[PDB]
Amino acid sequence: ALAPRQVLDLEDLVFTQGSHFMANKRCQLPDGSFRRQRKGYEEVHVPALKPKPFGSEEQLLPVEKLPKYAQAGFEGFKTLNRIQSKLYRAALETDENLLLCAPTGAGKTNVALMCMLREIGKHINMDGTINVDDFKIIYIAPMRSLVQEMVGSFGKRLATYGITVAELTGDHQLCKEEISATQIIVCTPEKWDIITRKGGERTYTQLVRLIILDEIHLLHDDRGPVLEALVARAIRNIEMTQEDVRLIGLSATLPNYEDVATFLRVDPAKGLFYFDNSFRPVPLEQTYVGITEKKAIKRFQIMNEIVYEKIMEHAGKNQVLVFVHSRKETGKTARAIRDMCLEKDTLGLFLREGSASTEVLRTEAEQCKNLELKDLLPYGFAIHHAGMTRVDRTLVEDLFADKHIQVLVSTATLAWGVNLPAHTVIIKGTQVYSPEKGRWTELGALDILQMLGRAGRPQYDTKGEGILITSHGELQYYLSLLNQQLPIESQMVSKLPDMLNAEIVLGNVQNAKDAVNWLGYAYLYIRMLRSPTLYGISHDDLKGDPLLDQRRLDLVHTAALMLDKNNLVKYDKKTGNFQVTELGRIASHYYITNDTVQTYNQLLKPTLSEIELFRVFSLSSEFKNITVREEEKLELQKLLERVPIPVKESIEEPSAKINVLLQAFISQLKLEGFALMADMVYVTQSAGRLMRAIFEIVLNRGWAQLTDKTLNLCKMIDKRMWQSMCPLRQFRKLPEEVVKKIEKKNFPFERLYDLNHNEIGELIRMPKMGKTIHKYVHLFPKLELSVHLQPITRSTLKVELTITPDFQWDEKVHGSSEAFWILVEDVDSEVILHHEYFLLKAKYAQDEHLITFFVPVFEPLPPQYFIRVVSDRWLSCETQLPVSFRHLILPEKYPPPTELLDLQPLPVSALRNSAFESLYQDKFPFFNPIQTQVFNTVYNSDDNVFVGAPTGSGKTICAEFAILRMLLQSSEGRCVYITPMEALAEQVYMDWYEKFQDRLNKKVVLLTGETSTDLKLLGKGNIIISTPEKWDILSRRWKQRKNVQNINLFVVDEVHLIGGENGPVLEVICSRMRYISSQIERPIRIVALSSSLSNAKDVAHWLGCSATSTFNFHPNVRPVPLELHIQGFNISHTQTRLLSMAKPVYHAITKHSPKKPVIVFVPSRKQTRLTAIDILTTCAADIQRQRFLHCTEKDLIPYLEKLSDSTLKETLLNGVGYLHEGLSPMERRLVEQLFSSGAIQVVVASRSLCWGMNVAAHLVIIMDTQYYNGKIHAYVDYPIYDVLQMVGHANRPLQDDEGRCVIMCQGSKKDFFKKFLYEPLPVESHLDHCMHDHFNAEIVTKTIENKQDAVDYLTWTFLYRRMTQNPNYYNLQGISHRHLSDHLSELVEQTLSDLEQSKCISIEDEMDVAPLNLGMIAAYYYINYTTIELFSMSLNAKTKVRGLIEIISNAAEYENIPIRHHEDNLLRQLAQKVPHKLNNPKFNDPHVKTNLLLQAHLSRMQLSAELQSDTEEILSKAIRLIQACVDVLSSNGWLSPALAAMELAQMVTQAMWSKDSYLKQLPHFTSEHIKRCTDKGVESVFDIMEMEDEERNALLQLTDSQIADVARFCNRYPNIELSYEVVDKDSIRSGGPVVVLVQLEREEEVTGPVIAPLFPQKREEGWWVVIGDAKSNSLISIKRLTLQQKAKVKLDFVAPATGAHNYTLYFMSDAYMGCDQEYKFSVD
Ligand SMILES: N=C(N)NS(=O)(=O)c1ccc(N)cc1
């Protein structure tokens, strides 16, 4: 972006005066102007503008004529203004941008209220009052008092609608619970500026529909720029969001209004309104005076003379008000008026001619006041300023509204924050004091205009009188300010650098080019275009650049050079690109000037003292022109000794002045010099932001001591107290005296925790205060800290800090939340090696919290680290914990990785078989380096090999390599491929089916999970592939299963998932395969593919891999090089961090792959949709439009014509695809196909899909890297394996010479990612935590029998190898073999005891153990022992279907069922729809969630997509669990419970409740036809299949495809007749075996599987035969069977004594409802 540009002296082009850069050469005094000179005391008097007619339809509109709802806001008014009528039409009936130029006091408020009511009534419900969570309105006001007046009045007006208005302007910040529950935010421009330059501005700006800007003439003021800035951002955002917001502007009658109309994007014909002062609310006659020379006495006395004359002129029923510029001047005015009244015969008295009483009566009666109120109130006068109480201020205001107070002198605050008008207004002088300029200046425009607009009460005056007193040399200017002739200019050039940085930091300006465009968005651009001479531009240069390219480029270049000098931004001369500094980011977010940044960066140091800290604070360039006046030096010397910090920096120069003023603010020391008070206030209202800025600067750098100093200084400024004082001062309902008494005694605060209330009262000598002191002591926040550490590597330790609360919560004291900083410091407490922002919410305030993070350690290992948790707001609220590293081992360091040499790549010709080459020659001509190296050992050496290489580097085909010789050595061999994830298994199954059974014609299958079907598929396949669970349940019985023994090849992929959840299953199945290879004496070849592991040798020796077969490569030695970019976001609240990272993903796309494909991963599905849409709208804003679409819309139309999601159609035809599990697999494969084709450039995917997508990009972006766990009501970091898979998705060697990935994460995590992603990953076993189930399952198979071989088994585990090299990770404190064996024996003992207490095993002596019924059926159904124990203890003799479902939902396998954000609310909603209602339900409990899901499924209820996937996950194991329940119910002998359990099985199959019609089971059916049938006679499916064809088809009244789909279910319906015989019936007596034989016939053969559309897995008929006694509720015998036409069943059971033994024979199903039989019989 090279272009000619020259640096500029911005001082020449800036209007130095500001506020009043007089562009008006001469003010044309109106008609009726006379100038009576009196040598000073001149009177340039203009008349009141006479009224105007109502000619052109103009009329005061009746409030009843308004739209009916909007009449609520205008209640109390029976009409509205003329301006208000024209604007009623415009504003209430249109959404057009508006700009109202009207004189001061003309109304303004009510027209903005109409604009608000537009939006308020847009979101109406039919009978719901409003949609508060849908629209957010804001109101920008120039002064704080105006903000407060506005929020009060607007609340009063529109409370009827149910809206909530509030003020955000205050010294507090980062507190935003009110922004959530307030629909109309009133704020100052700089407030909204600091809010909307914060990252994640959308959190506030998302629901913004209406932006009002009151008193837009602020553009001329020095505060002008921020306004511009605001508008610019807003407008640009309404372009980037494509969500229109309405801009309302309110200005006074001043010129250049058309330019701000262009600025505000108002149509001059539709939204531009201008009213000259003939539309003034009360016609105003004004007089201006001048001063002759410098005579203070003369000035003040002449002011007083004018005041006395004009006040006396308005004696009765009139109020002549006076405005002063200081609180020392209102008292002086009262004094002077009273005195010169007295001096001249005390005349003017009895202004209220009812001297006896009237108003004097009420004044004296209400006289219980202070200061100068009690004397001037009966006299008739009054004063009003900020240094008064609320009661007395409101009392003066009331008695003035009562028109009983006559004269009132006040300051500008009354004119801004109170609706208090008067007949006459006298501006006493116009010189005010500015601490910013450090000098006396002239007043601002807004003050003068608001004050002189107060003249003339609205309904009580026919004419007003404004009187202004100033100097002569200013007259012509004030004449311009009050007669529509002072032009509005732009002060942007002086504020250009700062502003520019705020846009560089905000990411809205990445180059100088969009900087220039932004400058075009400003008011400065328009104002330069239409008056270039006063902006430094010639009329010829305007011809050269009509769009002013050169001037805007020069300006942004100067600002960028300034920001580069001060190091807020790095700016390169050539490309014109910007790069943000953390200095600049802090400067923007904390609203501080770049010179201050430079001073900080050159002065702040880790060894800085608190004295030097106060000095640096005083050197801020916000105070660079403050002066030490002689009139205050003695008071400064007095304050210096009364403050604690030395202030050695100087003597009595401005830095020492600032310092001592701040310390007098902290110490609450009173002052006397009024200029000194003004300067103090000006320093203190900024000191908070300045100190927070310094604190962030030092925190990010890790400097610990300065961090503590600075945070404490922030809190001392906030709470108005030093650290020497007692923290009890922070409770503001405590006395000052009592806390001073506590401080007098040298008893530290902490010991009050361990003290009686009576002993407290005795210590303080105040017994009555002791109870409340104890209360507040236990209300003070204190945290308990507990730590669990486990080494990960010699450089990194995993820490699990457990934060426990230890105080009473009070919403008044602590509010909705309490913030904390977690800090990890080294031994010297110098360097902060890690830190985090913790937040204790109010709801979970008493729950325990767990914080996992990682710290670094380097040898020589220090004795201990420190972990401090320090409150962000409370002083002396720190809890420290030393973590000792004295008994900590450092894990055995890993060796270097197997180097990949630069060897000639092997072409496909090395693979000699032509059919084998066929597949690999159609893709690539030669192999990549790592697979060229691994080829020798894998495909041609029958060695056990482990290859470790980054994800996506093409390691999969390496397995194929081995497989090749596999198929070469055996005809119909048996190889087993094991992958941890299911979706990866499905992808590799499709690929290898295409590669083998469809190409080589060798049967390749993937195990489905059902026992019989999977064991059948086992024998067929030459290649069987599976997940570790389906393979575990098959291989656990490797004695009876012959097929699992003759396995030529076992390949396990992604073995590094041993360390993740569901990892112990992989570990045990691999160890079992190794043990089988040992026993069979036929060495099963093992080949393992994994990521780059550090401890790859351990897993290599685990599987018998020689070092000639270990292939573990440094992750840098990828086939495709990768450029990783970790990018931190120091933002806590994740819902706002996502909105912040919004724009960075677009800028990352444009930076790292502007044309090439990208994948961006997000933590949700709604996030996939939203990210797709926001990328779309940003590309529309840039008008790139087709940047992400590389084909034609007509090319896609046929494809997208079959997609069901409308937004997916739109986003796809616009270039970007989204992949979320809320849509069909067909849509997923379609989007993947379009992406890999090149038509779709970018795809945004849910995290859950990072395993099952066969899609490669050039750039992989990751968002957030956190997801919400609602079981702990917090956010969890991603598993490292997921993000590593995502990163591996970035390397494709098809096209690119490089791979690019950027991860966007909270700062707390950044370091973490970096390290573990740049170097190999250490992995360990979690088998010791999930070991009991495998012992319970291998006692059943007799593989384990005693304790010694239970120890022998662990030798096969990876756990055995890892417990040695990393002891402390498994909490063993030794590395000798003694420690190993001791830990193993303790583990086996613990597991066996836990299993015995569960009634699953029996132990005898100390060796031999034996299975029990519970453990046998727990291993038979692959069910956890806890679930079986719970089943056995909970199932009672009389358990009904409701209790059946309850006990089912409590299973441990359903604890994995998660709880996500806002999901507790959805479960609350579902609780009232399900037929059975459980009391005392906790809605973050997975078990009540599963119960609700089961009740909704049985009731055939549709719900969310995530909840549907969860319902599928539960239904997968539902039948397993209910079969286990049937078995234990049989083993305990209860009859009707087991019958109800079989009923529950067949209920969960086809989603039928227990007592609904059986007709509900056939498909294509709703309740109306079952109502017709059951009312007319058809009650069962047998009635359906008994009817003739035509009478049924007529009874159906359905389509021809419906009858065809009904017939298939009516045919699959089992039709079985039973045959039962009691063998040797005549030969039966007591105690003898009784044998009942049962036989079954099925007319049709196995036509197909069980038909159940609402069940995900295709099941097969399972039947149950039962012998029961219906009276004893006794189940005698039972058998489950699988039926194929012919059956033969036997049931043997003993007999009791002779009696009426009437038995029942039950035939139950586990699938269908209504095909169950009950036959009574008798045997004696
Ligand atoms: N970045 C780290 N080390 N921690 S943080 O939670 O992300 C964080 C949060 C907020 C602020 N202001 C700074 C930092």
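Chain A is numbered as in the PDB entry, which gives 402-2125 for the residues shown. Computation of the quantities below employed the complete heavy-atom set of this structure, encompassing side-chain atoms and omitting hydrogens, waters and symmetry-equivalent molecules. Per the header: X-ray crystallography, 2.9 Å. Counting convention: from 1, in listed order, for ligands and their atoms alike.
The drug that appears at ligand 1 goes by the name sulfaguanidine. The chain that sulfaguanidine (ligand 1) touches most here appears in the PDB entry under the name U5 small nuclear ribonucleoprotein 200 kDa helicase.
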